[PDB]
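The following structure holds forskolin.
The sequence lines fix the lettering, A, B, ..., with proteins before strands; numbering per chain opens at 1. Computed from heavy atoms alone, side chains included, the values below leave out hydrogens, waters and symmetry copies. Indexing begins at 1, ligand by ligand and atom by atom, following the structure's order.
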Amino acid sequence: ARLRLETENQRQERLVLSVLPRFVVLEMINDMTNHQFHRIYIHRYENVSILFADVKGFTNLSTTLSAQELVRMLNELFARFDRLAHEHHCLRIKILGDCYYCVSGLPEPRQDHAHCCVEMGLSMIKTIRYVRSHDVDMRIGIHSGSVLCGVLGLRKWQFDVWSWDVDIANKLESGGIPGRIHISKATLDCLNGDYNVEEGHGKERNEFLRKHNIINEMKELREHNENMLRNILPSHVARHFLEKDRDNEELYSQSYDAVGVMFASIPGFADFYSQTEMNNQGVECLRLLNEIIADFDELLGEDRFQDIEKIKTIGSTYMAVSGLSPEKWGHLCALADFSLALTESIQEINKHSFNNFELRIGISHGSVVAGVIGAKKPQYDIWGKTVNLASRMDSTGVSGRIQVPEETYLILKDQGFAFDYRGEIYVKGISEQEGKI
Amino acid sequence: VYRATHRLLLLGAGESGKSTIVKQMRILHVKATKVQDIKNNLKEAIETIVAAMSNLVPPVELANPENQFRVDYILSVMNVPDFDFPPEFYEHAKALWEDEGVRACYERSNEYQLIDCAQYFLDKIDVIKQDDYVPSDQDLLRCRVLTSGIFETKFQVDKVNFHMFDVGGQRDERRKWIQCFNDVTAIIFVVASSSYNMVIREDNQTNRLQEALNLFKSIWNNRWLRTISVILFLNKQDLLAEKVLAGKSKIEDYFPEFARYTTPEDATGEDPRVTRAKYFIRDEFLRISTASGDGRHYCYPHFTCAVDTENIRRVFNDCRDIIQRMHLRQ
Ligand SMILES: Nc1nc2c(ncn2[C@@H]2O[C@H](COP(=O)(O)OP(=O)(O)OP(O)(O)=S)[C@@H](O)[C@H]2O)c(=O)[nH]1
Ligand SMILES: C=C[C@@]1(C)CC(=O)[C@]2(O)[C@@]3(C)[C@@H](O)CCC(C)(C)[C@@H]3[C@H](O)[C@H](OC(C)=O)[C@@]2(C)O1
Ligand SMILES: [Mg+2]
């Protein structure tokens, strides 16, 4: 019995340690065995380098082939991505839409990020060769600096990194020049001077900040690990990942018909962030952000929202799906209640702090394909046309107001028909969303 | 040795005397630009006096028509932000200050916004004409300056280390306070008492003391600062005493609950009205504290005067004993 328990506990521990590296999971597990603030696991780190990726032609391929096959190709490309990355001392942080970023030497100091740059070039040429056998070109953005690493929230924790340097890296990747790297000075001075690089971008990104783009004990341990499993990944996906068929079946997926998707965003937080000398490196700002996200998650768990499942948080952006687990359109009403409760929560945390924050909300309905895209790292995810429709409705929205797809309900009244936003697929004039009456 | 460093911060509305209390503490125990600041404070004081001479809704007469030329001179130099320090303009300002109209405008300065030190600074004109004297400690503590970014100051007493956190009081800076809401030993709340009659310059409608009290209600009831037990240092007491003794304005002009209020039993040359004024502001802060009390934060009111020194050292000794007690987490 002791041998069997030890083996199963080791398997479960390894399943956790696939994500959430050791230096933070140790602190969590220490805290479980026994506060003016909600407590946060961020640690400062130096000499880190951030790579970024983005499919430039995702709008040129999402409409053509259905969601299932697109997920197939995305899974194979991202499996190559992850394997080739783990080859070169790089660890994925997250997958969001099509974006994919990794750091250099976060758990321990390390440098020579140019090797990962040429590695990215080789991987990208392999992907375009495979796709040709549709524009799938992608832009490289890499910036060097110091970051703060940790996790936020009380549900679906994921490894995440925040800083101004990662913001510069994001802007560098958002610049453009597909197939070519953004190797701004912070990397030239660090790596070497013998590398052959060009003069940099002429002008594509906003001229701001001058980026210079140039047996009982074992049972207790098992209970703790099971709690952390239940706090990280979904139940059925965790069960499927615990036993065999983790790697034999590369892609785990399923398409669903009556699905809703909700996005929420906080644009003003980039205003409040400030890396001065008094607040350590902005750690207090991330403490406030963790408080916001913790309030959102604490609101989620309540009995009034059972069919909605939080998926991910991109910065201050909340992604929540509906209809994934069938156990009628009352779930879209639940999603609308979710948006309303989120707005009241952010207003409450506004009044508790001494600044202003507003929410941009976008809802959509349709059929999705949901599954896990990474075998080594369990990252449940969604895909489909309605996903990017919701993303655009969130990004092409007005702060403090809720935008809604074609009206399929009448319980709580809406308003604001005259929008006729151009969108990205086609023009579509649909109303907006206020509260109940 | 993180605990052994008693770090504490001061929160309050604008011009509540927190920077002055920090400077007075620093000189109590641990230049050219300073003299420049003296001169500039004088310049803005006289500039605001003569601007509100005419801009005030009830017009105020001038003592002599001959000084209308100097009034026009100061009006011309009003819009000008150049750092001009000529002796001729010093003589002009001296001429204005001896006019009864300018003094009456200063007495009626409660209508508009003016720096508090002006009157004292208006008696330093004769010696600031020379511009060569070394300023005294009282002169240094009378100097007026704004604070926007939060500031940290080292401190050592009885062979232990303290830390001063002086933050801004303007609404623009009120978002920055959360940057220092963690791991602070105590809060030294400071509210300008005599500014009960003034109003904020951020909106030009709400009273400075009312805004300060609402900020105190927010800070005391903040869901993240519940185990820190704020300590109250109401500044501005001397100007409050001279203002109530003047009799032109009273608390009932804004708070008739004072007119209903009666003196408490903890009374300490004195007058009843000033004593009950300071006790009433203390009791209003204590009411906000206790009505929002949660059994973990305790308010210890203590009356302070930044320009004074003996009061500063006495109240600082009392507060240092309190912080020494609270450090052990009794
Ligand atoms: N006569 C007198 N003057 C005082 C007293 N306390 C402070 N002052 C003067 O009032 C002025 C304002 O003080 P100050 O420290 O600048 O306020 P503050 O709260 O720091 O200003 P802010 O950053 O919130 S906007 C100072 O120049 C000081 O000399 C006092 O008790 N009596
Ligand atoms: C909270 C952190 C802060 C201020 C800085 C930062 O690094 C970000 O978190 C990144 C860049 C960063 O986390 C990398 C992912 C992604 C999704 C690109 C973030 C968003 O752009 C955030 O902006 C938002 C709020 O959307 C942003 C920029 O906000
Ligand atoms: Mg100040």
- Task: Name each chain or ligand corresponding to forskolin, including duplicates.
- Result: ligand 2
- Top contact chain of forskolin - most pairs under 4.5 Å, the PDB entry: Adenylate cyclase type 8
- Query: For forskolin, which other chains have at least one heavy atom closer than 4.0 Å?
  - Reply: A
